[PDB]
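Structure, tolfenamic acid included.
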Amino acid sequence: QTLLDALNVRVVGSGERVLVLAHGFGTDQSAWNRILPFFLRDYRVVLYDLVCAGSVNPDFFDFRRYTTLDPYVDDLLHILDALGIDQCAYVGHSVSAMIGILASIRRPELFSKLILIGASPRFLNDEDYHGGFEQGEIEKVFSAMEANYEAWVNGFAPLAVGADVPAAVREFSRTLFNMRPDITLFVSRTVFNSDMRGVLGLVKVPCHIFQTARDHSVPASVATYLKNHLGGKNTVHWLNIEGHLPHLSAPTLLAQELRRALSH
Ligand SMILES: Cc1c(Cl)cccc1Nc1ccccc1C(=O)O
C-alpha cells in the first residue's frame, strides 16, 4: 500500500482477465497511454512505475538495495500480492521483460503468459554470443552520460526510437530527462552487468517474443536466442515496426499484435 502509492500503481479497465503492462528503461507507465484504449473493454489492466522512473520520488531509489534485478522482482511481486492477483498475463518492455522472466521463475503459477518487447538477456558480447555491445564502447557511453546528461539524452533518444517518428523521440527524451542522472547511470550499469542467459531455461510459462526491426538495443539474433533458450513454449513475433520503443512509435499496430498474442 505504501509501495502501491510509491510506484504509482494504477488499475483500470472493465474486463476480468488481468493484464500487467510493465514499462522499461527511460520511460514510465505513461509509455502505455496510446496502447491502453485497446484493452479497457475486455481486460483489467495493471500499470506501475519502476522505482527508477522519473515519475517516482527519487528518495525511494535506494542504491544499497537496487543492485541487481532481484529487488525489482520483489517490487513487482509485492504489487501483485497486494492487489490480490493470483494469475495474470504480463507485458514487459526492455528491462521489465527480464524482471517478468525472473518473477515467473519465483512464482510459476502467477503468469499465464509473458509478452516480451525489446527484450535481451545480455547486452554485452562475448566469445560465443552477440548481444550488440562491447565493454569498451559502453564505458565511453557511461562517461558521456556523466559528463552531460542532457546531451547524452538528445543523442540516445533518436537511436532508441530508431524510426523517424519525431513525436516519439521527443516523448522518450522527456521521460528520460525526468530520471535523475545518477539513477539512470546506476540502472544502466546494473543491466549491462546483468546476464540472464543461465536462467532462461527455468521459465515454464509461454513467452511471446516481440522483436522490432533495427532495434538499437536488441539484435535480431537475440530474439532467436530467447526463442531457443526460454524453457516454455515460445513464439517470436517479427513486428512490422522499426525501433526499440514500438509502444511509443507505433501504438495502434503494437496494440493489435498484443491482442493477437494474448488470444493465442
Ligand atoms: C542501450 C543503452 C545504452 Cl547504449 C546506454 C544506457 C542504457 C541503455 N539501455 C538500457 C539500460 C538498462 C535497461 C534497459 C536498456 C534498454 O535499452 O532497453
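Numbering of residues begins at 1 and proceeds along the displayed sequence. Every number for a ligand or one of its atoms is a count from 1 in the order of the listing. Header lists the method as X-ray crystallography, 1.6 Å.
- In this structure the chain with most contacts to tolfenamic acid (ligand 1) is the one UniProt names Probable strigolactone esterase DAD2.
- On the PDB entry, the origin listed for chain A is Petunia hybrida.
- Looking only at protein heavy atoms, the nearest one to atom 3 (C) of tolfenamic acid (ligand 1) is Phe156 CE1, 3.5 Å.
- Among all non-hydrogen protein atoms, the one lying nearest atom 9 (N) of tolfenamic acid (ligand 1) is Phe25 CD2, 3.8 Å.
- If you check each of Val191, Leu176, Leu50 against atom 12 (C) of tolfenamic acid (ligand 1), the one with the closest non-hydrogen atom is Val191.
- Residue-level proximity to tolfenamic acid (ligand 1) for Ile138 is carried by the side chain, the only part with a heavy atom below 4.0 angstrom.
- The nearest heavy-atom contact from the protein to atom 6 (C) of tolfenamic acid (ligand 1) is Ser188 OG, 3.4 Å.
- Close contacts of tolfenamic acid (ligand 1) with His244, meaning ligand atoms under 4.0 Å from a residue heavy atom, involve 16 (C), 17 (O), 18 (O).
- Scanning the protein for heavy atoms near atom 17 (O) of tolfenamic acid (ligand 1), the closest one is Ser217 OG, 2.7 Å.
- Less than 4.0 angstrom separates some heavy atom of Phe192 from each of these atoms of tolfenamic acid (ligand 1): 1 (C), 2 (C), 3 (C), 8 (C).
- For tolfenamic acid (ligand 1), the atoms closer than 4.0 angstrom to any heavy atom of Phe133 are 1 (C), 4 (Cl).
- Shortest contact from atom 5 (C) of tolfenamic acid (ligand 1) to any protein heavy atom: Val141 CG1, 3.9 Å.
- Under a 4.0 Å non-hydrogen cut-off, the residues that form the binding site of tolfenamic acid (ligand 1) are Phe25, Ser94, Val95, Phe123, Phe133, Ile138, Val141, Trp152, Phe156, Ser188, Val191, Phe192, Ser217, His244.
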